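Each remark here refers to the structure printed beneath this line.
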Amino acid sequence: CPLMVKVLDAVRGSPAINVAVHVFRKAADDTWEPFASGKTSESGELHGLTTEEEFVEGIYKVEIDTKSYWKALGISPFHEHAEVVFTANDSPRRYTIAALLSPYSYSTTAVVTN
Amino acid sequence: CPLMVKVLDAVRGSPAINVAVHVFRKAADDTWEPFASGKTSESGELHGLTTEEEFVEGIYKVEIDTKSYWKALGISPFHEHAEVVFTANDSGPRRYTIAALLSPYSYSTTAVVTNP
Amino acid sequence: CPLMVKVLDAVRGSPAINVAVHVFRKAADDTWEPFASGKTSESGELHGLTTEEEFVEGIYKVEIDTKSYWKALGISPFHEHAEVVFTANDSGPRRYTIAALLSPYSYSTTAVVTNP
Amino acid sequence: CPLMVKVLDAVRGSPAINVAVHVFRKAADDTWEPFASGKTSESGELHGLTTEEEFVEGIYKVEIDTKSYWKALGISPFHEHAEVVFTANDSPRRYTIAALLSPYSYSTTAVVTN
Ligand SMILES: O=C(O)Cc1ccccc1Nc1c(Cl)cccc1Cl
Ligand SMILES: O=C(O)Cc1ccccc1Nc1c(Cl)cccc1Cl
């Protein structure tokens, strides 16, 4: 599993469950190409987005549909989503994209390991 | 000032100086139209991006050029740039402060929204 | 102003107002001696805690009373209070801004350190 | 495992390895009593600090020795440590205390689950 997403709720102190995540790859013409997607599990985790064979070097965008998440909890959010844009690089790389969510704030970190 | 950006450096314990910022607005046709751009000052702040008249209701994207910043300092960062996307002024004019705290492999961003 | 505190609310997208702050200094005998205290204003800022003369070299603890804050608003938070412990002024006098961003189950804190 | 600590490095984008963690319980006389301790593993994780039988309701402090961590990497840190003070409460509770570290900044979150 080369690319994993982890999403947490800073208001309830829990995994953020059933959050839609869309991954895009940057094409040669600079448009964003749909690459992979899913919903976070009960652990707030999203696995099996892609394989090592497909996950070539390039610029990727991970879009976390945070607005819909806060809406379903009855809370008015600030952001449309959270966007994590980065270059995948063969020179470590099991990528964990973690995001902590608040109504008016989010943080994201990359955990890159062998 | 209706839209302002503040950036801090979590490695140096300092304002993030000379950080390029590009602001876009979602157009009728769903494309990101260039709206405003600037660079953070010595205080890590960016003011005078727009006016109260030009800053109408819409979906805005604030792109903080974090990679260029860390690179300009001999650090190879994870992110290309931090992207803050939000609907602004949908219940009348508000004033927005987009705050960001930067580490090479992490950032957090928060919004301060006040009613003038 | 050599020591200042700024607090934001990540739930409301606002300054955290009326947040109690207690500052302690490590004494010769290793105990935490009361140093200064105050409350954040409408801007979420706390100034005038100490002077440049009183703020000598030492290990300081800034206690931001986050539980009291969230409780005063009908939210049951995780943390009792955020604790920022640091050595100050060990290479001559500096000015410190302790910044904190609060969520019910999370906070981040950063330091802005400037040479006057 | 009622209490788990996870520590990450925001500069290198990795688990923070070999970080000393000390847990204290608040005594009736308001002093901090040594409760449990350890070093974070290669995954930046610390498990088996305590058991359900011992982890009774009360105020606990998790002290993360961040200064020593940054020193060993040759980096001058701001904080003496990171302190996470909280009440353990029987009314969820598998507690994960997560901390993300930078030289002049840290964030911490509680992930509390059933
Ligand atoms: O991911 C973030 O940036 C938010 C954050 C803040 C404080 C402590 C931990 C985390 N994230 C986090 C968590 Cl809560 C668990 C596993 C891995 C990570 Cl990166
Ligand atoms: O800016 C953010 O979103 C994160 C953050 C984390 C910890 C401490 C401060 C901040 N932000 C922040 C900033 Cl960038 C300026 C003034 C006051 C604050 Cl609280």
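Chain labels are A, B, C, ... in exactly the order the sequence lines appear. Here chain A follows the PDB entry, giving residues 10-100, 102-124 in order. Residues 10-125, in that order, are what chain B shows, numbered as in the PDB entry. In order, the residues displayed for chain C correspond to 10-125 in the PDB entry numbering, which applies throughout. Chain D is numbered as in the PDB entry, which gives 10-100, 102-124 for the residues shown. Quick check of the header: X-ray crystallography, 2.1 Å. Numbering of ligands and ligand atoms starts at 1, following listing order. For the numbers below, each heavy atom of this structure counts, side chains included, while hydrogens, waters and symmetry mates do not.
- Lab note: most contacts to ligand 2 come from the chain the PDB entry lists as Transthyretin.
- At ligand 2, the PDB records name the drug as diclofenac.
- Other chains making heavy-atom contacts shorter than 4.0 Å with diclofenac (ligand 2): B, C.
- What sits closest to atom 12 (C) of diclofenac (ligand 2) on the protein, heavy atoms only, is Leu17(C) CD1, 4.2 Å.
- Listed by number with element, the atoms of diclofenac (ligand 2) under 4.0 Å from a non-hydrogen atom of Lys15(B) are 15 (C).
- Nearest non-hydrogen protein atom to atom 9 (C) of diclofenac (ligand 2) is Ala108(C) CB, 3.4 Å.
- When only non-hydrogen protein atoms are considered, atom 19 (Cl) of diclofenac (ligand 2) lies nearest to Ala109(C) O, 3.4 Å.
- The PDB entry lists the organism for chain B as Homo sapiens.
- Residue contact check: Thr118(B) has heavy atoms under 4.0 Å from atoms 3 (O) of diclofenac (ligand 2).
- Less than 4.0 angstrom separates some heavy atom of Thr119(B) from each of these atoms of diclofenac (ligand 2): 1 (O), 2 (C), 3 (O).
- In terms of protein heavy-atom proximity, atom 4 (C) of diclofenac (ligand 2) is closest to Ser117(B) OG, 3.3 Å.
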